[PDB]
> 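Here we have a deposited structure with Bestatin present.
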Amino acid sequence: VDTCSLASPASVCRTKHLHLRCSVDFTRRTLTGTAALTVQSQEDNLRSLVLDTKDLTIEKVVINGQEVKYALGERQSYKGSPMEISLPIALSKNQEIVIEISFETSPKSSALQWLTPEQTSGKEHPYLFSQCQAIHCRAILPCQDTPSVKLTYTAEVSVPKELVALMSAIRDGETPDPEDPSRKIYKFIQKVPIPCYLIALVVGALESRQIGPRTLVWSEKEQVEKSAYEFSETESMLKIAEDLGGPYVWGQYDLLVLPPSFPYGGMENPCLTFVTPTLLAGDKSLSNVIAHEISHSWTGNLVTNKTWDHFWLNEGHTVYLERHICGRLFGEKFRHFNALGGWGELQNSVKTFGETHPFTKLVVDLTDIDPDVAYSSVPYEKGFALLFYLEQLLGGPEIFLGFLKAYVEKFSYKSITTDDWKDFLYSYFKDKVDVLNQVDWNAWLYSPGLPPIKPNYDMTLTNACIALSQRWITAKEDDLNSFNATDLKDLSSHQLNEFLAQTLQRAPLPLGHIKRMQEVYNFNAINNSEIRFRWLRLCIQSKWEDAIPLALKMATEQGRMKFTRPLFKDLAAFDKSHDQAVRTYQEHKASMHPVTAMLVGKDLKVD
Ligand SMILES: CC(C)C[C@H](NC(=O)[C@@H](O)[C@H](N)Cc1ccccc1)C(=O)O
Ligand SMILES: Clc1ccc2[nH]ccc2c1
Ligand SMILES: [Yb+3]
Ligand SMILES: [Yb+3]
Ligand SMILES: [Yb+3]
Ligand SMILES: [Zn+2]
């Protein structure tokens, strides 16, 4: 039972295919067109079915060439409004029909951000991008909006001719629009069945550059060069992910670098991963994000969580592969460094929510909860820690990766639950069930708070970071003089980041300490987004008025929620910046991503 969806569940009917024909209208900020669902009944004598929608205007519904009856129920908040459709003829089990719905979206569709020319790089053309995960697909097109259903799709998309459309699919060519020569139609085919949350569209002044045998980077012209360099390790990451997961089945692996308001670091849209431009650090240092989205091509897009209650299946196994890619690429010690940091992000989230909070459970009950409100690192790092703990328990990485590969083959193209996963783990490791029965399943899967067991981590790359952070925290005023630029001589940008996270955990420090840190380390100059983010947090929580404009500027000039949310929150909790924080949010809110706008609004207690 998918408690985030109002649609008929997969036991009743399932969508096998979507043919989308639509037109992007920048003047009205609407998508208008038809969604033709090929629907297979799962039941005898089926006479109606129910679809998810959200802020969609339905024009008509056509089956066997006739307008048919349908009704929209009362809006149920962030779930949207169910659409009941009356079939003209009862369907037997396994029978397929095609249902063609004429629809138009709202400019406030929570799946979409419409950008004015001034909000892009070029300054002449507008831009549109989608984000359907978790349950915003219903705000683009009526559908069974649940990952328990997988479908193929094909689409034809008409856009102003000087713009380009891309989707989560293989590009199938372009032509002038026969109905209007001011337009081009772009075609797309996704031959591999997918959950609808992986449906994606961008329309913009896009250009592409080739960076490996199956990868082109796409962005606006002014980001292309820099992105081709930043993401140059992409092919080699695919080669390793294929070795760990089995064949890459999706044809293409492209990258789209979005405008700065993209709400995520990355989004594993099939054939076309979307990434934040805040990845462009100039040194490839943030590439683990690519490794992570690549990994979804197996864990997530092939084997999918059946409902969002089981999200950790998606994310934990994906972080687990991500960290294996990075460990192959850079050495086992680096995998362990990133693993430990991830445990540290886990400590932060549990501390923030509170150790008994329901959202700190690995498996969560999302009835009545908006998945955007519940979203945190918990399913990522608690899930990763589980797998990392089982890895050590069952004989090491090589052995656990043999399980990961077999799990992918086993559930390829399916949607699965935590029990489906646990069963296969027991089956695969039958010769080691004795060890498996020593796991505290009830605590690991269903209890709030930190996991009951913390794995073993190599400390090698981490020590220098913990040591500098401890010098800073235990320093008194008469110790500040001994800090020098050379303290950082031997730290990678990742160690500098981990140095800041250690220190941010004990924040505030005295203002004097922070000022000296700027004096000797000149963190203000660093443009790596992760480092700068943590440094501005350390500054604002330690109450340094000079950082108020730097924090306001970062919070609004990009919209990656990981950064923009805690920055606004910190700013709001600092009395000197509180008023400018709420003022700034209120000035920017209209032209913000609607999901970010909503979440920043709640974090600020505004509206
Ligand atoms: C290395 C990763 C932790 C990077 C991370 N990206 C992801 O987790 C993506 O694969 C997720 N699919 C992002 C997501 C999750 C839920 C709803 C909407 C979007 C991010 O920060 O965006
Ligand atoms: Cl969307 C989403 C799905 C599953 C989850 N489990 C814990 C948080 C959470 C959020
Ligand atoms: Yb073709
Ligand atoms: Yb079993
Ligand atoms: Yb002293
Ligand atoms: Zn992910």
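Since chain A takes its numbers from the PDB entry, the residues it shows come out as 4-610. When a ligand or atom number is given, it counts from 1 through the structure's own listing order. The way this entry was determined, per its header, is X-ray crystallography, 2.4 Å. Values below: all heavy atoms of this structure, side chains included; hydrogens, waters and symmetry mates excluded.
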> Got a sec? Need all the ligands or chains for Bestatin.
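Look at ligand 1.
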> Could you peek at this structure and say which chain has the most contacts with Bestatin (ligand 1)? A name from the PDB entry would do.
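By the greatest number of contacts, it's Leukotriene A-4 hydrolase.
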> Give the residue list for Bestatin (ligand 1), heavy-atom cut-off 4.0 Å.
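The site of Bestatin (ligand 1), heavy atoms only, is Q134, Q136, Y267, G268, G269, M270, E271, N291, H295, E296, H299, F314, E318, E325, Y378, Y383.
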> To check your reading of the model: name the closest protein heavy atom to atom 21 (O) of Bestatin (ligand 1), its residue, and the distance in Å.
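Its nearest protein heavy-atom neighbour is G268 N, 3.8 Å.
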> Looking only at N/O atoms, are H299 and Bestatin (ligand 1) under 3.5 Å apart anywhere?
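Yes; the residue has a nitrogen or oxygen that sits under 3.5 Å from a nitrogen or oxygen of the ligand.
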> Under 4.0 Å from a heavy atom of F314: give me the atoms of Bestatin (ligand 1) that qualify, with their elements.
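Listed by number with element: 15 (C), 16 (C).
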> Filter the UniProt peptide-binding residues of chain A to those with a heavy atom under 4.0 Å from Bestatin (ligand 1), and list them.
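Going by UniProt and heavy atoms, it's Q134, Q136, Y267, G268, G269, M270, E271.
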> Name the closest protein heavy atom to atom 6 (N) of Bestatin (ligand 1), giving the residue it belongs to and the distance to 0.1 Å.
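It is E296 OE2, 3.0 Å.
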> Is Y383 close to Bestatin (ligand 1), meaning an N/O of one under 3.5 Å from an N/O of the other?
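Between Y383 and Bestatin (ligand 1) (N or O atoms, distance only) the closest approach is under 3.5 Å.
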> Atom 12 (N) of Bestatin (ligand 1): which protein heavy atom is closest, and how many Å away?
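It is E271 OE1, 2.6 Å.
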> Below 3.5 Å, N or O to N or O, backbone or side chain included: is there any such pair between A137 and Bestatin (ligand 1)?
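Min N/O separation from Bestatin (ligand 1) is not below 3.5 Å for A137.
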> Any chance you can tell me which UniProt Zn(2+) binders of chain A have a heavy atom closer than 4.0 Å to Bestatin (ligand 1)?
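Heavy-atom check against UniProt gives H295, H299, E318.
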> For atom 15 (C) of Bestatin (ligand 1), what is the nearest protein heavy atom, given as residue, atom name and distance?
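Its nearest protein heavy-atom neighbour is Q136 OE1, 3.4 Å.
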> Help me out - which other ligands and ions lie under 4.0 Å from Bestatin (ligand 1)?
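That comes to ligand 6 (zinc ion).
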> Taking only heavy atoms of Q134, which atoms of Bestatin (ligand 1) are found under 4.0 Å from at least one of them?
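So the atoms of Bestatin (ligand 1) that pass are 18 (C), 19 (C).
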> Just which atoms of Bestatin (ligand 1) are under 4.0 Å from any heavy atom in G269?
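Selected atoms, number and element: 6 (N), 7 (C), 9 (C), 10 (O), 11 (C), 13 (C), 20 (C), 22 (O).
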> If you count the atoms of Bestatin (ligand 1) from 1 in the order shown, which ones are under 4.0 Å from a heavy atom of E325?
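What qualifies from Bestatin (ligand 1) is 1 (C).
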> Pairwise, report which nitrogen or oxygen atoms of Bestatin (ligand 1) are under 3.5 angstrom from protein nitrogen or oxygen atoms, and how far apart they are.
| unit_1 | atom_1 | unit_2 | atom_2 | d |
| --- | --- | --- | --- | --- |
| Bestatin (ligand 1) | 6 (N) | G269 | O | 3.3 |
| Bestatin (ligand 1) | 6 (N) | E296 | OE2 | 3.0 |
| Bestatin (ligand 1) | 8 (O) | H295 | NE2 | 3.4 |
| Bestatin (ligand 1) | 8 (O) | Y383 | OH | 2.6 |
| Bestatin (ligand 1) | 10 (O) | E271 | OE1 | 2.8 |
| Bestatin (ligand 1) | 10 (O) | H295 | NE2 | 3.4 |
| Bestatin (ligand 1) | 10 (O) | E296 | OE1 | 2.4 |
| Bestatin (ligand 1) | 10 (O) | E296 | OE2 | 3.2 |
| Bestatin (ligand 1) | 10 (O) | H299 | NE2 | 3.1 |
| Bestatin (ligand 1) | 12 (N) | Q136 | OE1 | 2.8 |
| Bestatin (ligand 1) | 12 (N) | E271 | OE1 | 2.6 |
| Bestatin (ligand 1) | 12 (N) | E271 | OE2 | 3.4 |
| Bestatin (ligand 1) | 22 (O) | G268 | N | 2.7 |
| Bestatin (ligand 1) | 22 (O) | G269 | N | 3.1 |

